[PDB]
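What follows is a single structure, written as structure tokens, with notes after it.
As listed: the chains are lettered in turn, A, B, ..., one for each sequence line. Residue numbering in chain A adheres to the PDB entry, whereby the residues present occupy positions 686-696 in order. Chain B residue numbers are taken from the PDB entry; in order, the displayed residues are 686-696. Chain C is numbered as in the PDB entry, which gives 228-244, 262-458 for the residues shown. Just so it is clear, chain D uses the PDB entry numbers, and the residues here are 228-244, 262-458, in order. In listed order, ligands and their atoms are each counted from 1. The figures that follow rest on heavy atoms only: side chains count, while hydrogens, waters and symmetry mates do not.
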Amino acid sequence: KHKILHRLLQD
Amino acid sequence: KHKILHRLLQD
Amino acid sequence: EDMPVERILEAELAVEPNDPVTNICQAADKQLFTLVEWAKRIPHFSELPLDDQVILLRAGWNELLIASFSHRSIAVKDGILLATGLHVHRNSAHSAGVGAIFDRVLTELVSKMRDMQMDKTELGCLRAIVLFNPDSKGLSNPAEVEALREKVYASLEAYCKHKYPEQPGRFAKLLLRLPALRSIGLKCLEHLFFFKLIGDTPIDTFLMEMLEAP
Amino acid sequence: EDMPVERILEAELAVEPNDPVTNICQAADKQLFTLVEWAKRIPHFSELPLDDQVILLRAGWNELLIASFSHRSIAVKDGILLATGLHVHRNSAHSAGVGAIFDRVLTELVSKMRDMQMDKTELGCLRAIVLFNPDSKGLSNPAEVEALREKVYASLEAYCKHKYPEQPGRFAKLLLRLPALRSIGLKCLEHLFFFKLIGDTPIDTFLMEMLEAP
Ligand SMILES: CC(=C/C=C/C(C)=C/C(=O)O)/C=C1\CCCc2ccccc21
Ligand SMILES: CC(=C/C=C/C(C)=C/C(=O)O)/C=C1\CCCc2ccccc21
């Protein structure tokens, strides 16, 4: 869940 | 309006 | 100016020495009469125009009452102590459908008030700050209310740092519980409005008056 | 410890140099990506476990965004300035059915931020305090988040009293806007959930993700 958020935070 | 409140505050 | 914490502390000591939901609503009604007597003891409150006194209380009663029974329940295990001398355990609240909100009160208020050992003086000042809500709609003179609020937290900060010199962040920590109080207040009201709608859950006259419009 | 207001101020300067409701929702989505980049610039935030970073942002995004466009609109007449470079006038909001909430933002936030001349440093610190919400459910280590919050308001208070020695109550005045921010945040979310329900009002992917459960 929270796909967009995890991705942005990861970079 | 607010009958009870007005009365209590008044005393 | 002219806002001694001693007077505020006295206001607190003067007013306070099977469905859990029904018990809570009855306690809230009972405490509403006391809230008025407490507000009257808060310096300069009674000097405000009757109308503004009504606005401030109608706007802060729920938060004011939540703050009081929460601090009163610091010694309680997993629950709270009602003004009626009755105890509502966390499990009882959960079995009544109000478990979510009940836990927020224990986690965000009760527990936190216990961890920092918030005293009665500090409690009273926080409630005085809530009472003097300058954002309350309808205020004939919001600037004045804002003035009283600044004197309360000005005296509260003095109290802190002096009583707890070792804790320089205590003052801010105390004020930082207001956001949670506001949120919990709003949720509790939503429940009350639902109880009133469903018809079940006995609601007394003074509590019912507070659920009126606006 | 290790929470300089300079770093916080830099985070602010780095991220920010016909239906009004639709314009607001599009601006919120756009600003959500920026919020993440801003949070990353906040000392120690990125060092928290990814999961807690998600919890903190999902729990504070609306308040974080409201605080930003409100302070950004201090110079605006009777309205606000969206990040998209668009202006939403108080009358336009009223003619869209969101007049009540819009006025609260202007009266409780915009106007008040303007009256005390809240600066960018102070704004950033308040947003940093909101980000570090120790009450956010799910936190793997709430104590740690609480620690960061205390360092932020510890540095903020130092900033104040030093930059504004003449205003000893500025610090408390700043924190005392958090209760209103929490209330306005909650109401704005309620509207967003209604817009999503009605189907009308275009909602982008990142904004839609934030309206997910829990
Ligand atoms: C609005 C409110 C008032 C409480 C007053 C009391 C209990 C005063 C007292 O006993 O001191 C609190 C409610 C009322 C709505 C239901 C609820 C559930 C959990 C915890 C609190 C509440
Ligand atoms: C949740 C929210 C986000 C706003 C983000 C913006 C506008 C960011 C920006 O442009 O900087 C605010 C809303 C969204 C719900 C409707 C509304 C009405 C009046 C004022 C604000 C709002």
Report task. Identify the main binding partner of ligand 2 here and report its name as listed in UniProt. Result -> Retinoic acid receptor RXR-alpha
Query raised in the report: Which pharmaceutical agent is found at ligand 2, per the PDB annotation?
Result: 9cUAB30
Query raised in the report: Which other chains line 9cUAB30 (ligand 2) with heavy atoms at under 4.0 Å?
Result: D
Query raised in the report: Taking heavy atoms under 4.0 Å, what residues and nucleotides bind 9cUAB30 (ligand 2)?
Result: D/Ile268, D/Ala271, D/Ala272, D/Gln275, D/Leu309, D/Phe313, D/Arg316, D/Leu326, D/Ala327, D/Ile345, D/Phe346, D/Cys432, D/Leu436, D/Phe439
**Report entry** UniProt-listed all-trans-retinoate-binding residues in chain D closer than 4.0 Å to 9cUAB30 (ligand 2) (heavy atoms)
**Finding:** D/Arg316, D/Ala327
Query raised in the report: Most of the residues of chain D in contact with 9cUAB30 (ligand 2) belong to what UniProt domain?
Result: NR LBD
Query raised in the report: Which 9cUAB30 (ligand 2) atoms does D/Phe313 reach within 4.0 Å, using its non-hydrogen atoms?
Result: 4 (C), 6 (C), 7 (C), 8 (C), 9 (C), 11 (O)
Query raised in the report: Below 3.5 angstrom, do we get any N/O pair linking D/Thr328 and 9cUAB30 (ligand 2)?
Result: no
**Report entry** Under 3.5 Å: N/O of D/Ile268 near N/O of 9cUAB30 (ligand 2)
**Finding:** no
Report task. Could you find the nearest protein heavy atom to atom 3 (C) of 9cUAB30 (ligand 2) and give me its residue, atom name and distance? Result -> D/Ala272 CB, 3.7 Å
Requested in this report: State which organism the entry records for chain D.
Outcome: Homo sapiens
Query raised in the report: Which UniProt 9-cis-retinoate-binding residues in chain D are reached by 9cUAB30 (ligand 2), meaning they have a heavy atom under 4.0 Å away?
Result: D/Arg316, D/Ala327
**Report entry** Closest protein heavy atom to atom 16 (C) of 9cUAB30 (ligand 2), given as residue, atom name and distance to 0.1 Å
**Finding:** D/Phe439 CE1, 3.9 Å
Query raised in the report: Which atoms of 9cUAB30 (ligand 2) sit under 4.0 Å from any heavy atom of D/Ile345?
Result: 18 (C), 19 (C)
Query raised in the report: For atom 21 (C) of 9cUAB30 (ligand 2), which protein heavy atom lies nearest, and how many Å away is it?
Result: D/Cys432 SG, 3.7 Å
Query raised in the report: Counting from 1, what 9cUAB30 (ligand 2) atoms have a heavy atom of D/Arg316 closer than 4.0 Å?
Result: 9 (C), 10 (O), 11 (O)
